[PDB]
Number of protein chains: 2
Amino acid sequence: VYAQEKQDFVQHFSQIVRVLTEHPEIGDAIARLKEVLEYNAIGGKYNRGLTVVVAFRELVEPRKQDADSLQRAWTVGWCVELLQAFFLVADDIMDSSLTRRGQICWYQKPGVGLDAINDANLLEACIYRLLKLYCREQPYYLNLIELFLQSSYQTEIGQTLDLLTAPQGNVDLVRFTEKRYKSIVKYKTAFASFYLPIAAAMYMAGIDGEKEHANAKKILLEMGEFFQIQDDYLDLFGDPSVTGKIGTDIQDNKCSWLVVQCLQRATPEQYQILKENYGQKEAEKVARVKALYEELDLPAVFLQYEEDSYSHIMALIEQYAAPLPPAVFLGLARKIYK
Amino acid sequence: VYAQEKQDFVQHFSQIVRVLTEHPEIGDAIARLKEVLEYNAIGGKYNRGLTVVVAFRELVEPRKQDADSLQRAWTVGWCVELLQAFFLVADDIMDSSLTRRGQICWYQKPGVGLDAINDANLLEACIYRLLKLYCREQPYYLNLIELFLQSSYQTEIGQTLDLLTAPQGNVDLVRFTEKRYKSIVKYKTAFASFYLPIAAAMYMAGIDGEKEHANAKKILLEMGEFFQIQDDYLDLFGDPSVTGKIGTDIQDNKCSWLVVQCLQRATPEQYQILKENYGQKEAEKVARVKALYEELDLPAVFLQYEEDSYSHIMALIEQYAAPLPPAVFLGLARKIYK
Ligand SMILES: NCCC(O)(P(=O)(O)O)P(=O)(O)O
Ligand SMILES: NCCC(O)(P(=O)(O)O)P(=O)(O)O
Ligand SMILES: [Mg+2]
Ligand SMILES: [Mg+2]
Ligand SMILES: [Mg+2]
Ligand SMILES: [Mg+2]
Ligand SMILES: [Mg+2]
Ligand SMILES: [Mg+2]
């Protein structure tokens, strides 16, 4: 059912690679592009890319869903997956991460290293190549170009706020507030992970109205915040065999949802333990932070937050879904809430 | 004269920064964006950015050069400078460079490091922000967006070929051929440094014809090749007080014009010296390579190549300038040939 939706989307990847890797001496760069694409855009759940396709099929009249229109829909879905790949290749370098999607991070691969910086930019370039190849004659062409560009700018502003609040070797507990946290996740995750795929399908369906996009945004940016909060919870308490990646938030001095909650509940003694042990590479210091989170019942605080968040997002769907089919937002809510 | 053209272009930078750095909690990210912009887009000769303005003034009828049209011209000129800044911030990381434009490389700055990866992407994002803010209602809007996107993709393919031919710790003398060299520079430099600013002004002047852009390209890509050959010559034989940067091509195992010329002229003994000493960090090995280049009269070979190249580019101007004013290409030829 959901795995069959997944299978149909994945089966289009081979064609995406062929169209992108189709001049001889430059063939070595194209062979490297193929390796970058295969290593990084394949191995995930493809939820963002699939959201484009599922939303498109639910927003466009079935008699208008011809072979070429569906081809454009899974191409844009794959552009969303490429945008995620570009950001994650770079994010893994800047966060000093080890693994991603069950394998070593592209930059950690022997023979890759900081050449991954240019590889990340190539993934970004592939989006606009695919949009030109498949959507240049469509009335929503410029809307899609501007949407991917604006989503990248917002993510990058978010990444800047994330990195500025997490300086290496500096105590930044005073800056780990709820207000700072909400602004970081709004920009670094909410815009590109949730608004982008639904907005892309909306534009392809000819739904270009400011009011409709603003209403969809009201639901989706709140869903984006939950998704990042769950990502911060899983960084420490998730199973790496399930998440496919090793957590680094504590070592990286990140303004995680966990540290924000810790500081709101900590006694003066607990604050001192957090101050002495946070943002450092020493395994025993990281372990001390985890023990403090468990002492403050942060896993239980997360489960209560997830319940309260799900009800809030469902209340936002009742308020702002119209005139779009509620199934567009309910499908996405089912996939992110566990 | 040329310094007054330069001064007028530089005086618009303060407005570019204000428009880009104009939401409070996110203010810290905006303050970082301002620091990235001031450190990296200021300190150069601004030749690419000025080329847009000079070409625009020479291609557009003076009665059509109103205040708003000129404002759009120096804004696009600054978008070209931003594109260069994005690529150079990243290139300095991947080439392990120390200095640029007379100061330490942005990534080498204490407190910056690999966060410069996101800073480079922010510079790239600023191009499309400025194009939307100043050119969205112009008929050449999409032509400019697609031109900057295509120029970035070609540069990135070029950067891939550059990095693949220069593996760290691997002997790659067999791959340092004239054919490989010509393909690397065509993509990594020629397209974005020479075709882009003239094409941008051409589109702003309403010159959008395939034939006209192809003719301009025939001159400009050849000029781009010369510029990269001079860049490779200056990497070793240039004065860092004049170039503003320290050479790393020998240490980085790069397919430089110098090593290509060395291999074409080397005796079996000289080839062995090059093989033992190229692509390594040891100062005495780098010195041994430089001595071999001087023994093979490569500085004299470069001066003869520069003379032969200047005559060839001037012959290309006589063939392909029409119907554009030859001054458009002659101005650029004067600034790059020393
Ligand atoms: N949002 C980008 C990637 C992350 O979610 P990830 O946990 O590295 O996948 P981050 O926590 O670095 O923000
Ligand atoms: N073209 C990009 C930058 C260079 O010219 P630069 O010498 O680093 O300025 P490269 O030699 O790395 O190609
Ligand atoms: Mg990360
Ligand atoms: Mg991160
Ligand atoms: Mg995370
Ligand atoms: Mg360099
Ligand atoms: Mg380089
Ligand atoms: Mg160089």
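Alphabetical chain letters, starting from A, follow the order of the sequence lines given. The PDB entry numbering applies to chain A: residues 9-30, 35-350, in that order. Residue numbering for chain B follows the PDB entry; the residues present correspond to positions 9-30, 35-350, in that order. Indexing begins at 1, ligand by ligand and atom by atom, following the structure's order. All values below come from the heavy atoms of this structure, side chains included, with hydrogens, waters and symmetry mates left out.
Lab note: of gaboxadol, pamidronate, alafosfalin, phloroglucinol, drug at ligand 2 is pamidronate. This structure shows the largest set of contacts to pamidronate (ligand 2) coming from the chain UniProt labels Farnesyl pyrophosphate synthase. Using a 4.0 Å cut-off on heavy atoms, the other chains next to pamidronate (ligand 2) are B.
Residues touching pamidronate (ligand 2) within 4.0 Å, heavy atoms only: B:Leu100, B:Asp103, B:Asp107, B:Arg112, B:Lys200, B:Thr201, B:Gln240, B:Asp243, B:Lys257. Counting atoms of pamidronate (ligand 2) from 1 in the listed order, those under 4.0 Å from a heavy atom of B:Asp103 are 3 (C), 8 (O), 12 (O).
Those atoms of pamidronate (ligand 2) that come under 4.0 Å of a heavy atom in B:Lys200, given as number and element, are 10 (P), 11 (O), 13 (O).
In this structure, atom 12 (O) of pamidronate (ligand 2) lies nearest to the protein heavy atom B:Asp107 OD2, 2.7 Å.
Source organism of chain B, per the entry: Homo sapiens. My check of the UniProt dimethylallyl diphosphate-binding residues in chain B for heavy atoms under 4.0 Å from pamidronate (ligand 2) returns B:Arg112, B:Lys200, B:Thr201, B:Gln240, B:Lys257. Taking the UniProt Mg(2+)-binding residues of chain B and keeping those with a non-hydrogen atom under 4.0 Å from pamidronate (ligand 2) leaves B:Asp103, B:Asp107. Within pamidronate (ligand 2), counting atoms from 1 as listed, the ones closer than 4.0 Å to a heavy atom of B:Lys257 are 6 (P), 7 (O), 9 (O). The B:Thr201 neighbourhood of pamidronate (ligand 2) comprises atoms 1 (N), with distances under 4.0 Å to a heavy atom of that residue. If you number the atoms of pamidronate (ligand 2) from 1 as listed, the ones under 4.0 Å from a heavy atom of B:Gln240 come out as 1 (N), 5 (O), 11 (O), 13 (O).
Where the criterion is an N or O separation shorter than 3.5 Å, residue side chain and backbone included, B:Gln171 fails it with respect to pamidronate (ligand 2). Annotation: atom 7 (O) of pamidronate (ligand 2) to nearest protein heavy atom, B:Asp243 OD2, 2.9 Å. Checked by distance only, pamidronate (ligand 2) and B:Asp174 stay at 3.5 Å or farther apart across all their nitrogen or oxygen atoms.
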